[PDB]
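Presented below is an entry in which one can find bortezomib (bound form).
Numbered from 1 within each chain, the chains take letters A, B, ... in sequence-line order. Side chains are part of it too, since the values below use all heavy atoms of this structure and drop only hydrogens, waters and symmetry mates. Only part shown; contacts counted inside that part. Indexing begins at 1, ligand by ligand and atom by atom, following the structure's order.
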Amino acid sequence: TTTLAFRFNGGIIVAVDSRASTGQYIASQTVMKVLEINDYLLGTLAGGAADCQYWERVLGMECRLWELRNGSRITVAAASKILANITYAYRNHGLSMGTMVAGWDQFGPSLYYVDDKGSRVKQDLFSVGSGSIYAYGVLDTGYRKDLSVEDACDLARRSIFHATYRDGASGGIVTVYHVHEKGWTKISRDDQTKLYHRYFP
Amino acid sequence: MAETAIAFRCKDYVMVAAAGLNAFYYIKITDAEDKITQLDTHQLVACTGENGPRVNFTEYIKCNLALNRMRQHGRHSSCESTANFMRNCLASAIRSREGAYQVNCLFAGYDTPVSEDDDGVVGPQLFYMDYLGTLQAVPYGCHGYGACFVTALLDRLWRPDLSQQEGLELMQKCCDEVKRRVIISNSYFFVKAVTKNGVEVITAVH
Amino acid sequence: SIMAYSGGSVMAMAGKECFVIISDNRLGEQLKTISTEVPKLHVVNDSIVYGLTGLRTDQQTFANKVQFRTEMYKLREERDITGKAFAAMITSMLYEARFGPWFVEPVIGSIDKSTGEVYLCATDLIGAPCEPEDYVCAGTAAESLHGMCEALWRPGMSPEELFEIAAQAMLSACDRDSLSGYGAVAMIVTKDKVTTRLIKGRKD
Amino acid sequence: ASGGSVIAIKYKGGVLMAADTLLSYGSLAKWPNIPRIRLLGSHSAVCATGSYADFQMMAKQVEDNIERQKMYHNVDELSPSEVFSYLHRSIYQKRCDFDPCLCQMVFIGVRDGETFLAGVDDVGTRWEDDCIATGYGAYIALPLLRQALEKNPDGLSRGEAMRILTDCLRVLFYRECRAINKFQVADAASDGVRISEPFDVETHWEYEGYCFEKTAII
Amino acid sequence: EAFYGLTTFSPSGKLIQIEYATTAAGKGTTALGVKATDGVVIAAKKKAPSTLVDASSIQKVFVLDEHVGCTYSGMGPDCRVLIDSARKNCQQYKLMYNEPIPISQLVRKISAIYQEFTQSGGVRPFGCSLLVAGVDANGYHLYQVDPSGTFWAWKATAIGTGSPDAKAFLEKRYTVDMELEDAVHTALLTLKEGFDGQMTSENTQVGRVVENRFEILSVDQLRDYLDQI
Amino acid sequence: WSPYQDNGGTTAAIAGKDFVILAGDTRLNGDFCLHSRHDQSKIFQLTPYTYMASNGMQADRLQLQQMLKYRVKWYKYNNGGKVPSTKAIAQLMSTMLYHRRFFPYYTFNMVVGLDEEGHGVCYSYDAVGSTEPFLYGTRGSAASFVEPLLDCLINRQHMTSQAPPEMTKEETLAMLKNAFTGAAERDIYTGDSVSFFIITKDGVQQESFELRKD
Amino acid sequence: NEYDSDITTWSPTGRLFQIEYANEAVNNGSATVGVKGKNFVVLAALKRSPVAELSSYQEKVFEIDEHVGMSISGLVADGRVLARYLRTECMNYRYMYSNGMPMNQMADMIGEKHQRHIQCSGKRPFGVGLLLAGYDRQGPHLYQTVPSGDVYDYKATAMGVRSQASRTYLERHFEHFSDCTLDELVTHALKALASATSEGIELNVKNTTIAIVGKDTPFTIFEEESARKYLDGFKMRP
Amino acid sequence: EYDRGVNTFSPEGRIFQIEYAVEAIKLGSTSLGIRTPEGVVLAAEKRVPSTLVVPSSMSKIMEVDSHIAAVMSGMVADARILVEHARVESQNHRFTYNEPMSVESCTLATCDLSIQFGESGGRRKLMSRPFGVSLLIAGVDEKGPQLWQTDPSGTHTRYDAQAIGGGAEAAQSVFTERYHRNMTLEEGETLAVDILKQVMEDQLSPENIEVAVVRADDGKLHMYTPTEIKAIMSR
Amino acid sequence: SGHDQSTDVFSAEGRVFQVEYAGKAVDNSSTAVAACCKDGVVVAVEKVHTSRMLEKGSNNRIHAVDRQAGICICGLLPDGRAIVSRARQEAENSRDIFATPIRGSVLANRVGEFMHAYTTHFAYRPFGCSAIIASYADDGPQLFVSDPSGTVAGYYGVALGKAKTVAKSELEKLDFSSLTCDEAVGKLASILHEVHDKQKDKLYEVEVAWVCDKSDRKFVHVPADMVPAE
Ligand SMILES: Cc1nc(C)c(C(=O)Nc2ccc(F)c(-c3nc4ncc(-c5ncccc5C)cn4n3)c2)o1
Ligand SMILES: *[B]([O])([O])[C]([C][C]([C])[C])[N]C(=O)[C]([C]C1=[C][C]=[C][C]=[C]1)[N]C(=O)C1=[C]N=[C][C]=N1
């Protein structure tokens, strides 16, 4: 898993791989590592496959019940605090999950990050997973706040690829999203092997 | 312990400084994260530790000081009453189900007379704490890896009659020693100060 | 160990119509000095003075429960607590938590205001009552204090010359212990007065 | 106290089940005169390999269940397939309580033509076959029971299924340490379950290669 | 399980259930006590319903510990709950302070048992009063609780039937410097003037708390006192 | 004593355009012996359109098949007789594997059924419920033999050739026999006889097949 | 009448009125007729007719297991609390024994469920009657519980409002129920159910629920579509 | 009054507190529901106490999910806790079954709460009284548009056209005519606002009532605005 | 007044009416009889069927408690099934804990304490039932009757029900010392057909059950062809 996401002038772009390996055996190659929480939030997945898919389905239930009672959308500062209070409550139960929430509330963008130990941090630039250390060096070299929409989609798709190429626990099909003010759109969905003969023809 | 907190009190101010480093086992997540939580208008705490228990301990302390100002008609409690409420939460957590808070903190504050009948403390307050529940009022306290570099630095250079600028150039020497010997990259230090007019965020020393 | 985590040694001697009690001034975390001006003594009335050693988190929590119970004893019973009743009270407190035990070792010294009999008591961390008529001592330098106190004590001492023996016993034992030292704070107490003395020591 | 290997087989018309009458304690054979074949109700019987105290409390429980359902209400007696099902769910309940019934069991039962033969483990495994063996009879006696069911797929008669159990009990006496030569055979038919008087098998120890001078290590 | 209260307020503003219980606590036999400079005497009156009721078996002066005693006048079986809770609360004091209890603190504890049942759900108040007396580290004491929970600090008093005319006889006979032997002389004498027949050693029961100890007097030591008054 | 034990066997399924083929060998075995050769307790029917096909530990298999059996019955009673779909059952499976996360089942599951559209989809699970819809799936001891084999002949990858037409029920069945005759040769805990289930919209037909007995 | 307020109060004549008052709830519910044959039990419930076009639907007949089913009359809110208990105790049986629960055991289990609610002070009886339609190894069974805690084993019965006339019809044909086939056994149940209706209404597929359990037949509720084969040709002849 | 109990039957077979709670529905605002093969319309008067009330605060129509609406009558303080329970149940169904809860099973999840009342707690803490609110749940599912009513008896009943509240007896006579089973949704719009005009005492304005629909081809709940309610009046 | 509304209220003369009102529920119930026949005990009761369509075997008031004992109830049928399901639990305890069959005088003393414990508390009402314990344990043949007050007593014969006074005089003509279980089924059933009238009910049949040495000390019902016809 090499999930990353960054925040810039124009919204938030989320970019993942799609590989689930139980050690040296690859279990699957079409894993959706972005659970869309609703039509203006996103959540990402790293670590345990069942620990992420359970509690972000619990998180998608607490966000839907917010809109039923209060009649309005949930913020992202409330959405991660739901996920961080759940996570800190089970910190001695051996959970393994590292998740980013990204969305457009009424205060603009916000890109948070929740551990499996109850941490919650607020930056504009993350890269999580076992192969994330490869995705920093190509992203920190080319990141700037005022990127265009097409170049930041190119920087995200290219920064996943150089970590899927080097880490054994990362790879598959690079999925790029874009969180603008009206919600999120699936930008592209392409194989890593097809993406090698584009970047090095 | 990878991140240091440095605090010393003087005649009419208390300096605090806490490195804003947040890491994932060797990877720098941030460099500017505020770790000095403003509890009251004249009180703050500089907690160190990992980011899990550190927010959840400070939010429990801060929301209970505010609740004790709701139920008591906006009357601000003393700095010793806040500090003794804090170590009650450390000491009752080392003998509980969920486990001990892994937070090391330095409480700081200034005591003002709330009315004309108050004849309590007028001066500044600075309290050393621990993750177990140790509490000690101390002239200067330090946590982290670089604590022992700078506690013996303040053995050399701290004076009780330091001014606002003389203690400002002392804290600059405190921040430059941690950059010199500690292998952990602490580059931005978040210097704040507590005076008779409240808290203030010092921009110069970083 | 958890008992020698914070450092600090408290002892007490018994005299003719007086007793002494004396602690050091060090607080620490296994090698490093946290504070240099912290006593371990506590005074509840004009007859009983007790000292706690062990883990400093338990030295403050237990002393809050004692002050919660000593002041509640004075509201229910319209009288000051006596030495035999105070020592048997916090003997019971260390036995209720026998499987989750406190890491304190209280050194109780007391005297009768009207009679003039001294009463020493030093329990263990699990509440083992023990009343010697000569001296008690606990802390990290406790093995060094049983040699200093036993070779220098005699039963018939004046209050001025009992202080001189207890002070030379604390300092000579803290010059061999690397978890206790930095001066000493003593308190001689008779039927008529309480005198609190701070003693010069090595700053090592 | 611990029991030894238990073997069982179906024939044309009923089910047979044999077990030694020994109850060892480690290596010590304490009592050679206790019966291990308990029969359940009026159509079925169970026998165990493993701890005897676990079997003695379990079979006390499932015998009380057959009678009290039949005595109190105007219902039929439980079939062998339904009291084995209660026997299976009671052992699985004990391992989830971290206090299992530490023994393998062999269950037989015949109710008006429908023959039933199944076994159950301490964990909760259950299986049905035409030949069940537990203990070290699953290693020794069970290969001999399997070839004699496939050398005639029409089925074994009672006479030829009794020859091969005696051929299997004889090798269990040769090759299992914690065994004696005293065996009881249950016989569940359409008449009901019938436990026989204890017998023994004829053992041959007279090979010319077993003599003192051949097997000597000089 | 009937968790509602049985004792409530009246439109006059009075707890009418406790007013009925004080009538029940004044229909017992005459129990009394006097103090002195050297001790405190308590005196009872064992009323035998017949000659066949084993006067050496029934008792009304209850000893609570090595320094406290008691005597009731009211409902007998209601008193035994109070004495068994007072003997229990006095042993819990010695397992916690290594000291005899004061007479003040024991009477505060049993007054919290009267008031507990006047504000509980489904119970009625007690129908008996007591006469607690004993020593502690600050002299001699004689208290007297009520079924309301209201306790007093008397100096010479009496409870039961024939009590208001025996308490007036205690006003006329008390002196501030009465000795202990003078106290027993007048505690038995104020039983006689309201007594029906002729009091014997198996007919009354006294206990005089002396110097650390309560010590209910035996049938031989009380026979010494009857032929002296 | 250890409360976990692997009982061998394997299950494989290949889903088509309006059908699923579901298979699993009938072989129970313990510590070092062979308990049975005719255990039908490896593939369980929940609804007429959706099966579960699990393996691993035989004792926790039968417990999971019953708790799945009655949550379908409380679904049928509370919804007016409406039978649950494959997507509803397989999310029920994915939650109950996580409710017992700290004392879990030693089972490895496959929920196999048809869609609301009629297409067949197989799911797979770890010991704690990681689900994914996919066109095939192979669990058990011989999973590492067959799951790379199903990658090479269903996906049609790394072969510079045009795509074959859609697989029928017969060409899928004859393909899946080549895996179990391949797992009976090289896996010691697999193979006495494999039972094929063919789930179509007009009921289910059931076949058997013979493997090597050693 | 000061002996009718509480459930735990006997009359001075020895009657329990709160139990006798709950028995009037069953006599005010909709009429249902159970008829037992040789291998089949047929329940015929009378659900509510539409108000001139609009069709209100309310579920009375319940499936308990593959071999059990019941039809209620009275407080339908207590008829579903019984449906929660009966369905749970038939799942707990088939979990343990892997077979269907016998009807003589089950009729004795409903009667102790009615009995816990008729002796404590802060509890009330279930104001609802039942008609168990069961099949087991001993053949078909037809029971009927009342709010007193009784359970009666019938050959044929009828409970509901004006079900005395349906019971009068069944007391002339109950000797000829072990001889009829299934198609005649439905016909005796529907002729009985039609004599409890109003003065100007007859039966059709819009107001009748027919439930059949048998020997090779699980408990099947014949509603609107499949019920037409017994209800299109039907006339209540005098 | 406490001479009787809360579980005391009548000699006619009725429970006292349940029969006394049905009469509390007739002393409330009226509400409607019309099942049509394009959707279900839920009309309801608001019955404001004064003109100083903002009308967006006393919504008689509450959403349970995207596909289930609920309109009440009677006292609305008890109505909230039933809808706050139906929202929790219908989201636990999507959490467990990955599919929307059927309209029948959301009515059953409410009726299970509307029966749990007694006087002796013991093991469980019970309610002291039945709920004085009759809900009226509508929605669409795999079986299409369905209408349901929860009464304070605990009795759920599927309907085609049902009116609850004060103006309910007069509406059933209007329900007999003016309703065929294959109406359009817009014909179901103008049926409800003509009934709700007749059975109310005040002047029917767009800021006086509430109308919400759940369409079949859309599958989602669509509540109306006062500019949308006026367009139904001028037809 | 309010002195007969619950069980925890003694009267002005020391009586409890809700117990005595429960005794009128047995006196208005069907007729019960029993007999001890020096090798066993025979118990017969009359089932008053209220409809012609009741199945034969419905509303059997005789239930087997243990293999050797069984309780027939007289009074309310559903109230007596709480007594039967309790005395079964008392007999299962002696088999599972003490490894012995429950004695006849001990099973009856456990019934009389379960029926008495609901006559001392305000929240409970007494049973409308008289339980007849017929046992054959290692203390011989036993015949006990527990009334709603909780009073147990060993009898040689007993009549309970409406016509318990006429059927008691019909038991005084039997012997109980030379009486056997072979003849007494024909005798006791002939008591019920003479003590009971058909001018109130049309449907009445008898249900007889014994436990004796001929039935191998087992509490069984009759074979249907041993009972007299009318
Ligand atoms: C703000 C930030 N900065 C960084 C650099 C991170 C970060 O990395 N946070 C993080 C938190 C929790 C986790 F659980 C994980 C995580 N991701 C994984 N991906 C794959 C495997 C794995 N897969 C297959 C086989 C073996 C292994 C070990 C394991 N993990 N563990 C990662 O957060
Ligand atoms: B990513 O590589 O971490 C990815 C996580 C995503 C699916 C949520 N999957 C995995 O690599 C994990 C690795 C792992 C981490 C921690 C403990 C155990 C395993 N794999 C799985 O969780 C897994 C294993 N088997 C089947 C399905 N998923």
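One finds bortezomib (bound form) in this model at ligand 2. Counting heavy-atom pairs under 4.5 Å, the chain with the largest count for bortezomib (bound form) is, by its name in the PDB entry, Proteasome subunit beta. Other chains within a heavy-atom distance below 4.0 Å of bortezomib (bound form) are, by letter, A, F.
The deposited model's entry lists chain F under the name Proteasome subunit beta. In the entry as deposited, the covalent bond from bortezomib (bound form) ends at A:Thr1 OG1. Taking every heavy atom under 4.0 Å from bortezomib (bound form), one finds A:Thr1, A:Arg19, A:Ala20, A:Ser21, A:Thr22, A:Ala27, A:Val31, A:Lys33, A:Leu45, A:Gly47, A:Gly48, A:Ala49, A:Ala169, F:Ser130.
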